[PDB]
Amino acid sequence: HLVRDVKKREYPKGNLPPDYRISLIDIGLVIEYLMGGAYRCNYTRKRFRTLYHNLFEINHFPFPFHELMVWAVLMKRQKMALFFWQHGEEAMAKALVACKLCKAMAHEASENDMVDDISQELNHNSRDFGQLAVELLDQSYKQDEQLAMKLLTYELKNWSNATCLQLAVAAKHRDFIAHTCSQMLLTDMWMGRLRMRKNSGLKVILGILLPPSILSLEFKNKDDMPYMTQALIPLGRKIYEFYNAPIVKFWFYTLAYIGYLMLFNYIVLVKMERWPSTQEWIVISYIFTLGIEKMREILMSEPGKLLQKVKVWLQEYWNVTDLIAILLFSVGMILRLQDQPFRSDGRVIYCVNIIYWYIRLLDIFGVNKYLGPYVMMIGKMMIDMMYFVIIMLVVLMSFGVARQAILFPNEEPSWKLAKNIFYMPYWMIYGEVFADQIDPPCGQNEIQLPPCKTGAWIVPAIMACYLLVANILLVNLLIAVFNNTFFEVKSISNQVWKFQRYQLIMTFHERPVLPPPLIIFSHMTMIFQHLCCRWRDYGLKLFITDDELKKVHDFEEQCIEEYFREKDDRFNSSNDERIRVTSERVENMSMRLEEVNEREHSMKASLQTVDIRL
Amino acid sequence: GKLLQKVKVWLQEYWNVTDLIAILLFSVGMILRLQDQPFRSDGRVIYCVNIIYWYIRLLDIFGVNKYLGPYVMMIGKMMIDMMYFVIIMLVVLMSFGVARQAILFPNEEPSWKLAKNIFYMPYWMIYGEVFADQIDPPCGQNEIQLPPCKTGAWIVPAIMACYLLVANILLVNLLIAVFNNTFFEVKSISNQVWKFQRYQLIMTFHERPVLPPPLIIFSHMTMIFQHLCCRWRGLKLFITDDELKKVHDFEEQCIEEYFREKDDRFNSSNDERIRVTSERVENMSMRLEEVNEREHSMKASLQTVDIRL
Ligand SMILES: CC(C)CCC[C@@H](C)[C@H]1CC[C@H]2[C@@H]3CC=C4C[C@@H](OC(=O)CCC(=O)O)CC[C@]4(C)[C@H]3CC[C@]12C
Ligand SMILES: CC(C)CCC[C@@H](C)[C@H]1CC[C@H]2[C@@H]3CC=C4C[C@@H](OC(=O)CCC(=O)O)CC[C@]4(C)[C@H]3CC[C@]12C
Ligand SMILES: CC(C)CCC[C@@H](C)[C@H]1CC[C@H]2[C@@H]3CC=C4C[C@@H](OC(=O)CCC(=O)O)CC[C@]4(C)[C@H]3CC[C@]12C
Ligand SMILES: CC(C)CCC[C@@H](C)[C@H]1CC[C@H]2[C@@H]3CC=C4C[C@@H](OC(=O)CCC(=O)O)CC[C@]4(C)[C@H]3CC[C@]12C
Ligand SMILES: CC(C)CCC[C@@H](C)[C@H]1CC[C@H]2[C@@H]3CC=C4C[C@@H](OC(=O)CCC(=O)O)CC[C@]4(C)[C@H]3CC[C@]12C
Ligand SMILES: CC(C)CCC[C@@H](C)[C@H]1CC[C@H]2[C@@H]3CC=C4C[C@@H](OC(=O)CCC(=O)O)CC[C@]4(C)[C@H]3CC[C@]12C
Ligand SMILES: CC(C)CCC[C@@H](C)[C@H]1CC[C@H]2[C@@H]3CC=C4C[C@@H](OC(=O)CCC(=O)O)CC[C@]4(C)[C@H]3CC[C@]12C
Ligand SMILES: CC(C)CCC[C@@H](C)[C@H]1CC[C@H]2[C@@H]3CC=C4C[C@@H](OC(=O)CCC(=O)O)CC[C@]4(C)[C@H]3CC[C@]12C
Ligand SMILES: CC(C)CCC[C@@H](C)[C@H]1CC[C@H]2[C@@H]3CC=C4C[C@@H](OC(=O)CCC(=O)O)CC[C@]4(C)[C@H]3CC[C@]12C
Ligand SMILES: CC(C)CCC[C@@H](C)[C@H]1CC[C@H]2[C@@H]3CC=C4C[C@@H](OC(=O)CCC(=O)O)CC[C@]4(C)[C@H]3CC[C@]12C
Ligand SMILES: CCC1(c2ccccc2)C(=O)NCNC1=O
């Protein structure tokens, strides 16, 4: 099923004839499609294409097990694949790749409507291989924490030059990106080349606001852990390593967002004249220079097809709601630069972006380890709040239509009838019963009150039923929902926060130095450098040597051997297996001891016969 | 011994710190009140600020009772969850307030009352006052000619609706859930911490003077006079050496019985019983195989010797 899809999508054939002898080149194209992204497998590298063309001790694969694992995972031979995982090397890479392969064959088989037993069992094998990765990583963390880092970040040349961090995030395997080893390593990329492991927020902000405070900060050495993408003199390196550190580039974009948001408030509370004010020109700068940055994230993303780059970008929901608000603020500008009333309406459009850009402070707030899980808590409870909104919408419009029609009989077609359905009953949920208009005094002589509309006594009574259902039934049931969905959403949103930290370090490592209002200088540097170097890759890898590659390898088979050894020891000392082994040995006692008694019967009988003959 | 270390140990107790702060502000209020106007009203204002603190302290006063004290520590532990709610609600409140003030009043001038109108109306909106006359005021019509509707003023009831839904229904109920799931943990910790702070309670009131604060100046002058005249001219039991011998022997009895009862629980837990039985049964299998081989040889030798006889 896979080989038909990768050949039909390459050169549109259709159903390939079943006699097709699927080449290792063709297997390589299956591997790239299931992996996704920029993974370009060693089969379809241009050297092995030459080798297959020139052949159909340079025939044996240097590390055969790696190719066997991929062979057994693609053909669903699970017990064979788990034996291949133990016997070998780069096992951390092998388990995380097999976790992504098993998940990728899972949704492909469900898409092709292959039988459900295929899709369930491939998702079971994905959880098995992913669980072996956590239990190997934990065992590496117990022995030597520093060598576990090198295992997590070294450049996996046999797996399209990725690292074990990138492979797990691509596999969305949340527990691997939430273990203590990965989080304290992601902290090390966050602080960058700074060793300021204390009161981190205050010292970095004082470095930004007062640039002389950078010189009093403790910086790590040049060989502690060089996480990098592609491979007076103190004081210049001190400023450069500070103003490239990802935690520095965060708070320097954050004090420019808080500086933007403080400025835009001033232009809309205070009047706007015909031409833009000095404050408003800094605002207009911030939106468009951000729009160039949001454009940059699309073009310099992972895929190659422009539409596939766009599809990667639409996945992040905070990124797409940036560009909608940027285009909305542009529309608000062009109207604002015209004569009123066009200006008045572009004033209004400006104030509606305020509804968005304070809510984007929620995402900036997500960096903190306490407010961050609180924010993802809010998003999950709103799905429960939508069901509250639908049930409330029936009860609100049932009171609203009944009140507007009984109290106001002889009305005419107007859209204000629709407003009066939703106006008064909606504010009754929030503490205002509109007490003067509950039961207005009618049909009496105060002056002379107007005559009572027929059936107006029903309006207090259906008010009573509506306020009981709204405020003591459905709001109270929403409280009961929110408690009993709070625990599991808490446990999920901590681990999802710890998993989306990886996105947060890696994007800010790729964002420019200067803030959004000054990003036009760095953006001109990138455009000029790309054009001039033409005339004349992602992630932070450790890029290790060869003799350290051997050593990091030897650390890892000892972790495979010790993991499997403690698994055999825990099984052979668990109470379940001790009762089993005791019971089976006692069963083999009973045939034995009964045989001893029958033979001692013949021995005592032969002793009696010899006693007769002696 | 050092004065700064004395100050730091004293500054560990937070109530003590806020006491010294409140006494300094009451001193400042006294000085401004014993001057003349326009300073006497300011000293009165400082006095009325200080009564808020001297009323809250009642919670520390109430912290001796077995039921109220842990409740006060519970309130203190849920303040942090409220602080997170405060930040989130502040973001939503400022969004509605800025949108309201900028849309409804479009020709204002630089003034600090803009910041008041940002925060005033949305904040009282959370506590059951929707300010019904100013939700959608009638405009753009004659009934007297009402002033023309500001452009986009229809948005204000809609962002009102969304703000009140995300204020009174979402965040408050989420804080109910947050307080409600963490109540058990905070309860257990607050009872244990209250039982711990009772030591500081007894200790401090053992060392405090007898006369009340309004008459502690007599005990304080007695203390300074006693310190001078005697310079010139915890609660322990101080047991005898015999009783030291008895409490010592009591303590080896408890240490022995502790280790012995631990070894009994280890050698009567189901885990060790199953382990020990399994090891014995393994040795039994080797030995019964040996007895089988030997007695088979013995039966064969008995048959051969019976052939001999
Ligand atoms: C780093 C983060 C935490 C804060 C960065 C933002 C502030 C430094 C900015 C944002 C809003 C700015 C204010 C916006 C508007 C004005 C009015 C402006 O006055 C006028 O335009 C008319 C009178 C005159 O010309 O002085 C004087 C500067 C001031 C106070 C600005 C001072 C600088 C402020 C506080
Ligand atoms: C780049 C932003 C996002 C963050 C950094 C904030 C500051 C660099 C900005 C924010 C507010 C700005 C101020 C806003 C308004 C004014 C008034 C302006 O006054 C005049 O031009 C007076 C004469 C005239 O009216 O033409 C002088 C610049 C100044 C102080 C600006 C200086 C630069 C400030 C402090
Ligand atoms: C003044 C009035 C108009 C109030 C404004 C109401 C809305 C415009 C805001 C208020 C709260 C916001 C929500 C707060 C929390 C979240 C979770 C967050 O989403 C995520 O983190 C993605 C994962 C997830 O949804 O759990 C950002 C979107 C969302 C739904 C926000 C969407 C926009 C909302 C509904
Ligand atoms: C069940 C709950 C969760 C949602 C249902 C409530 C909303 C859909 C309602 C309640 C208040 C309504 C608003 C109340 C008042 C107005 C003003 C109205 O504008 C005018 O009447 C023009 C100005 C004027 O004539 O005074 C336009 C509709 C609107 C925004 C209404 C739109 C629909 C709203 C937001
Ligand atoms: C399942 C639930 C969501 C149903 C809710 C339906 C009502 C909210 C809708 C459906 C039909 C609507 C009516 C359809 C037609 C008209 C005529 C319309 O008249 C005009 O616009 C004036 C015509 C002119 O003079 O040009 C005013 C709104 C009104 C009463 C509408 C008011 C709102 C109504 C009752
Ligand atoms: C289904 C849930 C999740 C969302 C709620 C959707 C509806 C209940 C809202 C969305 C759009 C609203 C409408 C948007 C605009 C108007 C025009 C508005 O017209 C006026 O106020 C005319 C001016 C006047 O004379 O007063 C009357 C309310 C109405 C129909 C609103 C009624 C309530 C609607 C249908
Ligand atoms: C009239 C207006 C100004 C309202 C006043 C509100 C606050 C001044 C009060 C109300 C409840 C008080 C809280 C109630 C409970 C506690 C626990 C208590 O803390 C402890 O006992 C732990 C600290 C220690 O004793 O070492 C005293 C602080 C605190 C947070 C209090 C701090 C002051 C608060 C917030
Ligand atoms: C849960 C969190 C988000 C609450 C945060 C709300 C506060 C930051 C706001 C809400 C109401 C505000 C107050 C509303 C009114 C006033 C009166 C104002 O006094 C004057 O303007 C003096 C002259 C006059 O009274 O007209 C000074 C600011 C103050 C205390 C405001 C200070 C800031 C407050 C306390
Ligand atoms: C980004 C979030 C977290 C905080 C947003 C804070 C705003 C509510 C503050 C910060 C900048 C403030 C402005 C900074 C400068 C001024 C000028 C100031 O003008 C004067 O003081 C002139 C003399 C006078 O009229 O008193 C009036 C307040 C105002 C508009 C401030 C109003 C309130 C603002 C917008
Ligand atoms: C964790 C939470 C509780 C922190 C909340 C901090 C801010 C939201 C508060 C604290 C101090 C407040 C300020 C204290 C005093 C004033 C002066 C006040 O000025 C006036 O009212 C001037 C007189 C007039 O009304 O014209 C306007 C609100 C403002 C800026 C307040 C706005 C809201 C502030 C910044
Ligand atoms: C506009 C907000 C922001 C930002 C700032 C801090 C954290 C996350 C995002 C920015 O200032 N420029 C780059 N991207 C962005 O959207």
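We name chains A, B, ... by the order of the sequence lines, and we start the count at 1 in each one. As a textbook-style caveat: the illustration shows part of the entry, and contacts are counted within that part alone. Worth knowing before you read on, the calculation uses all heavy atoms, side chains too, and leaves out hydrogens, waters and symmetry mates. As the structure lists them, so they are numbered: ligands from 1, and atoms in each ligand from 1.
The drug at ligand 11 is primidone. The name the PDB entry gives to the main binding partner of primidone (ligand 11) in this structure is trpm3. Every other chain with a heavy atom under 4.0 Å from primidone (ligand 11) is listed here: A.
For primidone (ligand 11), the residues with heavy atoms nearer than 4.0 Å are A:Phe250, A:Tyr253, A:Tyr257, A:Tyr286, A:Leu290, A:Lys294, A:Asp322, A:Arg360, A:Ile364, A:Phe508, A:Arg511, A:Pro516.
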